[PDB]
Peer 1: 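Here we have a deposited structure with avibactam (bound form) present.
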There are 2 protein chains.
Amino acid sequence: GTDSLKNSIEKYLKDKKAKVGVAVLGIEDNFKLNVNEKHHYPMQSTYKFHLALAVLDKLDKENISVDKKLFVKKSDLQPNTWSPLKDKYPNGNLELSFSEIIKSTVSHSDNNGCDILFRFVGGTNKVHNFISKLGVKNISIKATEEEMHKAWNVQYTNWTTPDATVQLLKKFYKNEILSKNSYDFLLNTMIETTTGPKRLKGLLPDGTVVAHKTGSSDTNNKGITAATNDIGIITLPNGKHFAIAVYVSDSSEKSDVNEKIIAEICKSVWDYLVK
Amino acid sequence: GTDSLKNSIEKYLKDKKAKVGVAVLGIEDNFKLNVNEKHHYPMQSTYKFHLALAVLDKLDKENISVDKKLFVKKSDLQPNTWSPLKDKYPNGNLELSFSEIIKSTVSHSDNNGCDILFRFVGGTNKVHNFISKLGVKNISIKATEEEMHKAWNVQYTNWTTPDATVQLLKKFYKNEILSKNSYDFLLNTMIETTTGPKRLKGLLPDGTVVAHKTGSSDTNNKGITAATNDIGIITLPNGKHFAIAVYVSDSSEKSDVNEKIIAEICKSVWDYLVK
Ligand SMILES: *C(=O)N1C[C@H](NOS(=O)(=O)O)CC[C@H]1C(N)=O
Ligand SMILES: *C(=O)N1C[C@H](NOS(=O)(=O)O)CC[C@H]1C(N)=O
Ligand SMILES: [Cl-]
Ligand SMILES: [Cl-]
Ligand SMILES: [Cl-]
Ligand SMILES: [Cl-]
Ligand code: NA
Ligand code: NA
Ligand code: NA
Ligand code: NA
Ligand code: NA
Ligand code: NA
Ligand code: NA
Ligand code: NA
Ligand code: NA
Ligand code: NA
Ligand code: NA
Ligand code: NA
Ligand code: NA
Ligand code: NA
Ligand code: NA
Ligand code: NA
Ligand code: NA
Ligand code: NA
Ligand code: NA
Ligand code: NA
Ligand code: NA
Ligand code: NA
Ligand code: NA
Ligand code: NA
Ligand code: NA
Ligand code: NA
Ligand code: NA
Ligand code: NA
Ligand code: NA
Ligand code: NA
Ligand code: NA
Ligand code: NA
Ligand code: NA
Ligand code: NA
């Protein structure tokens, strides 16, 4: 049955000109599915989940309220990157709460908010170690968003296996990582995500709860899109949950196809688990 | 006097590690100042002005109302680029007016709106020719935003001299290019610009009217920022106007310094003209 679902996904992937990594882990039960999982996939913005974990842990441990505010300099809001915060606050030089910054960074994938938070938490190495020490191997966090935008290859240094991702998502969902309040906060923020609505969510019934974080790369001069990703936890019609991570990497396919790969793989998994 | 202002600007630029092109043209009088003007500077987002001219001309000539709507596909709203439209409409697949698209493209520098409009108007070559046929030489329009994001060098194909820019801005301000309504619309849209508030506007008195369009590049792995630009028309305290264009190119300086170069050069010009 699980083997059959796997074979269906593998057959779907046969004519897609991309390297697609898939992992699924049940939250409450023992369901497990991996496809192409031993490869290293570039995370792009999906690593803002990991960053948010480390940030909220730091706030939890050091007794810093999420309503406390950072001073966000104009130079912290750089122009040549995706940034709803910057368009909201074009002059910068203002106090913003950790709450507001994290919500933008995670739900709207702000790149400036990401790097502001890397600086707050003490750098990429802090977050890399934090994750490693949760007992999840096969995740590498090396470069900030600014660093990734400087050169095409730098994104591949921020890599993961897909099964690492869902292991981490399951530790998180069972609230094994954060305080209750920080867990509630991050989970709500992941359900509130507005990006990628035609990825994991794309072909699921209207109103399905999907707590998720997307990531995307650009396309290079050879027509390759390095990363089109979506990771999250999905609620089934009976209240149970599954963690799923899909990484469409090094793809020669157009963006509509890359998103559809995620949506169709997710639908296949959903259809199996509801049945 | 004008020669003295020039010498002041040249002296300011002596210790700045960037190639800075400057042009100023009075709108109503004969004032003219050029610095480093024979070089070719990468325009980045400043070419959305030129695009808007060609678009509004097309709408004017073909009797198409600016309130008419394009269908903006989800694939027209690409994720790895600066785009307030995309964050506003994450599902895309909706009807948006030319008005709304142009306001986002010009006032908020949306990159997706830019490329949607390049497609509407018939491509970069259409806009290149349109501009050339206004009688303004030394502007090259070759690449869309998507094309620029594929490779570092592509931005240099969209180049200008600074004096070309202010020649064009003056033709525009005197409403020699568009209908009255389209002129009014584009001018209002340029005053409504929210980007770059610490560039041309940075050191001018609060409330000074500055109709402008900014542009920025990223920084490469060698620490060079190709472009930090601002172009526009400024209203003096006595109602007269000047067109100014500043291109801080191939800069080893940090972003705060690059912006400050524009702000300080503009202030110098402002101080001269008010006196
Ligand atoms: C993250 O991968 N990025 C930030 C932003 N969001 O895109 S997302 O919708 O897939 O998370 C733009 C794309 C990408 C990047 N290029 O920085
Ligand atoms: C234009 O140069 N771009 C679009 C957007 N706006 O920046 S602006 O404020 O200088 O016009 C982001 C930067 C840039 C680009 N990299 O596309
Ligand atoms: Cl980006
Ligand atoms: Cl947790
Ligand atoms: Cl961009
Ligand atoms: Cl005009
Ligand atoms: Na594959
Ligand atoms: Na389960
Ligand atoms: Na693995
Ligand atoms: Na800002
Ligand atoms: Na706030
Ligand atoms: Na605030
Ligand atoms: Na937000
Ligand atoms: Na560190
Ligand atoms: Na690191
Ligand atoms: Na790890
Ligand atoms: Na990269
Ligand atoms: Na693993
Ligand atoms: Na969501
Ligand atoms: Na979503
Ligand atoms: Na989507
Ligand atoms: Na992508
Ligand atoms: Na591609
Ligand atoms: Na110079
Ligand atoms: Na004048
Ligand atoms: Na010249
Ligand atoms: Na969209
Ligand atoms: Na509209
Ligand atoms: Na509309
Ligand atoms: Na707008
Ligand atoms: Na053309
Ligand atoms: Na062209
Ligand atoms: Na020309
Ligand atoms: Na470029
Ligand atoms: Na010229
Ligand atoms: Na303005
Ligand atoms: Na402004
Ligand atoms: Na600014
Ligand atoms: Na710049
Ligand atoms: Na620089």
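Chain lettering follows the listing: the opening sequence line is A, and each later line takes the next letter. We're sticking with the PDB entry numbering for chain A, so the shown stretch reads 12-286, in order. Residue numbering in chain B adheres to the PDB entry, whereby the residues present occupy positions 12-286 in order. Numbering of ligands and ligand atoms starts at 1, following listing order. Below, all heavy atoms of this structure are taken into account, side chains as well, without hydrogens, waters or symmetry copies.
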Peer 1: If I want every instance of avibactam (bound form), which ligands or chains should I look at?
Peer 2: ligands 1 and 2
Peer 1: So, counting contacts under 4.5 Å, which chain has the most with avibactam (bound form, ligand 2)? Name it the way the PDB entry does.
Peer 2: Beta-lactamase
Peer 1: Using a heavy-atom cut-off of 4.0 Å, list the other chains contacting avibactam (bound form, ligand 2).
Peer 2: A, B
Peer 1: Tell me whether B:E270 reaches avibactam (bound form, ligand 2) (any heavy atom closer than 4.0 angstrom to a ligand atom).
Peer 2: no
Peer 1: Could you establish whether B:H160 and avibactam (bound form, ligand 2) come within less than 4.0 Å of each other, counting only heavy atoms on the residue side?
Peer 2: yes
Peer 1: May I ask you to check whether B:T57 has an N/O atom sitting below 3.5 Å from an N/O atom of avibactam (bound form, ligand 2)?
Peer 2: no
Peer 1: Quick one: look at B:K224 and avibactam (bound form, ligand 2), take heavy-atom pairs under 4.0 Å, and tell me if it's side chain, backbone, both or neither.
Peer 2: side chain
Peer 1: List the covalent partner residue and atom for avibactam (bound form, ligand 2); answer none if no such bond is modeled.
Peer 2: B:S56 OG
Peer 1: Check B:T206 against avibactam (bound form, ligand 2) and report side chain, backbone, both or neither, counting heavy atoms closer than 4.0 Å.
Peer 2: side chain
Peer 1: Looking only at protein heavy atoms, identify the closest one to atom 12 (C) of avibactam (bound form, ligand 2) and say how far it is in Å.
Peer 2: A:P90 O, 3.2 Å
Peer 1: How far is atom 13 (C) of avibactam (bound form, ligand 2) from its nearest protein heavy atom, and which residue and atom name does that atom have?
Peer 2: A:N91 OD1, 3.5 Å
Peer 1: Should B:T225 be counted as touching avibactam (bound form, ligand 2), given the test is an N or O pair under 3.5 Å?
Peer 2: yes
Peer 1: Provide the binding site of avibactam (bound form, ligand 2) at 4.0 Å, counting non-hydrogen atoms only.
Peer 2: A:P90, A:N91, B:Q55, B:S56, B:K59, B:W93, B:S120, B:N122, B:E156, B:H160, B:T206, B:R210, B:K224, B:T225, B:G226, B:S227
